[PDB]
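Quick note: residue numbers are just sequence positions, from 1. Determined by X-ray crystallography, 2.2 Å, according to the entry header. Counting starts at 1 for both ligands and their atoms, following the listed order. Quick note: numbers below take in every heavy atom, side chains included, and nothing from hydrogens, waters or symmetry partners.
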Amino acid sequence: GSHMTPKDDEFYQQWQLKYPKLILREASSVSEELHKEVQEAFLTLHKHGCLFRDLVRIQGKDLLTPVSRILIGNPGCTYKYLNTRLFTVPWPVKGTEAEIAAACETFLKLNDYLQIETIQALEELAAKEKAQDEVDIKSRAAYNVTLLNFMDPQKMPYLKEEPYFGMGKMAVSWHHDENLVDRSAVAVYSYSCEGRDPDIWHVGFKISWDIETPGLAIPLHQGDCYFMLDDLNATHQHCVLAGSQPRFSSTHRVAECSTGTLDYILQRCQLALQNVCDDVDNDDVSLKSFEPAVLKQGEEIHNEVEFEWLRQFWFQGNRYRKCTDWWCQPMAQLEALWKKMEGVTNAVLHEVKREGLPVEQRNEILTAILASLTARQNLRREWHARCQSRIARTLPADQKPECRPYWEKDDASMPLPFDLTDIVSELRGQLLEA
Ligand SMILES: Cc1ccc(Cl)c(Nc2ccccc2C(=O)O)c1Cl
Ligand SMILES: O=C(O)CNC(=O)C(=O)O
Ligand SMILES: [Mn+2]
């Protein structure tokens, strides 16, 4: 098991014959106007301390990313990898701080450019496949976010070795980019500060399943861009090989956000609250229907807003409040919507305890809502635990994994306990009463 770089004669023909959906556009191809603007944006962003290592989960384990990052993109958009939902600090799409919003404006135009370069290469790539479709192409380049990366190999000197082709130290281990639109492209701007050369940053590629076809290590210099086209991200894996100097990168993606925008999730909540009499906002929640399919939907949306949104957000300690206040209000509103749903749940629970309610209808209600209440107990445990791992305590005071929402047994404001174990036990019991 070995690797190839431009030092090798076979490199170029291997690139052409076994990795042709990968494109390099060296630093020369990018206007010098742009290079300075985005390199300042990286630096300003870093200075204001907008880049955090993410507390991520993989194969059951809580791990911090070697790399520090921030997600920038369309307002209300999220990008989710390794069970962690990153929320965009927004960029001036038509429709917070002066210095910070300058960097975001910058990466938006980077986005515009990379998108342009991408559509072109996709057009060329299709043209080489002759020896409507233009909507497919344009959508697969419609980058809606970029995830920025930073590492200092010296200040962060805790790097794994590459296991298969001897490529050396990895800033990022072998992976596929998750949560991307099918066959959508990825475009990376690489900003270094200064066998394969250990001091230089590379991106590495291999075929999935394969450690016999030699991998490519491609040198990345200050300002070089690369592009993963079409199904490349699915058929191959990539990693980042660290150099010795620090480096930034901006990875532009077409996030599959069909259940991952603010608007999507507000609409979901609003769909749940249609089962609620909504003349007035108080604690006396009254439901229009107890048809199983509707109660189930309500409880599923309840879970969705709680775990994919509130807890994901608060798990990162409102670290983005340093960059924008953008999510602050929407997250308050989702909490407020969530609390009403606790009201809904409580009311369903009330109706299940009602005398003059035929067991048949009661058991139909139980069977509809049981899986959701179960999933809700287990995930509440998981998030509680994940919030209090010693790896999470070690973190600073502005990134402290807050377990929100959380309330004590004596809390008069909440109609239901955080711990649903007794509630769940009982409902399960009644369903087995024969
Ligand atoms: C699959 C994937 C996706 C994104 C990152 Cl940053 C990584 N890198 C890590 C993430 C968490 C913990 C360790 C690593 C690593 O690179 O060793 C990986 Cl392995
Ligand atoms: O930084 C790079 O060049 C490659 N980035 C990634 O693979 C990533 O952030 O998912
Ligand atoms: Mn990647």
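The drug that appears at ligand 1 goes by the name meclofenamic acid.
Per UniProt, the macromolecule in most contact with meclofenamic acid is Alpha-ketoglutarate-dependent dioxygenase FTO. Site of meclofenamic acid with heavy atoms closer than 4.0 Å: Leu63, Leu64, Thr65, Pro66, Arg69, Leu82, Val172, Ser173, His175. Close contacts of meclofenamic acid with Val172, meaning ligand atoms under 4.0 Å from a residue heavy atom, involve 5 (C), 6 (Cl), 7 (C), 16 (O). UniProt lists residues of chain A as binding 2-oxoglutarate; of these, a heavy atom under 4.0 Å from meclofenamic acid occurs in none. The protein non-hydrogen atom at the shortest distance from atom 14 (C) of meclofenamic acid is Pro66 CD, 3.9 Å. In chain A, UniProt Fe cation-binding residues less than 4.0 Å from meclofenamic acid by heavy-atom distance: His175. Close contacts between meclofenamic acid and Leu64 involve ligand atoms 12 (C) [criterion: under 4.0 Å to a heavy atom].
The shortest N or O to N or O distance between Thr65 and meclofenamic acid is not below 3.5 Å. Atoms of meclofenamic acid found under 4.0 Å from any heavy atom of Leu82 (numbered from 1 in listed order, with element): 2 (C), 3 (C), 4 (C).
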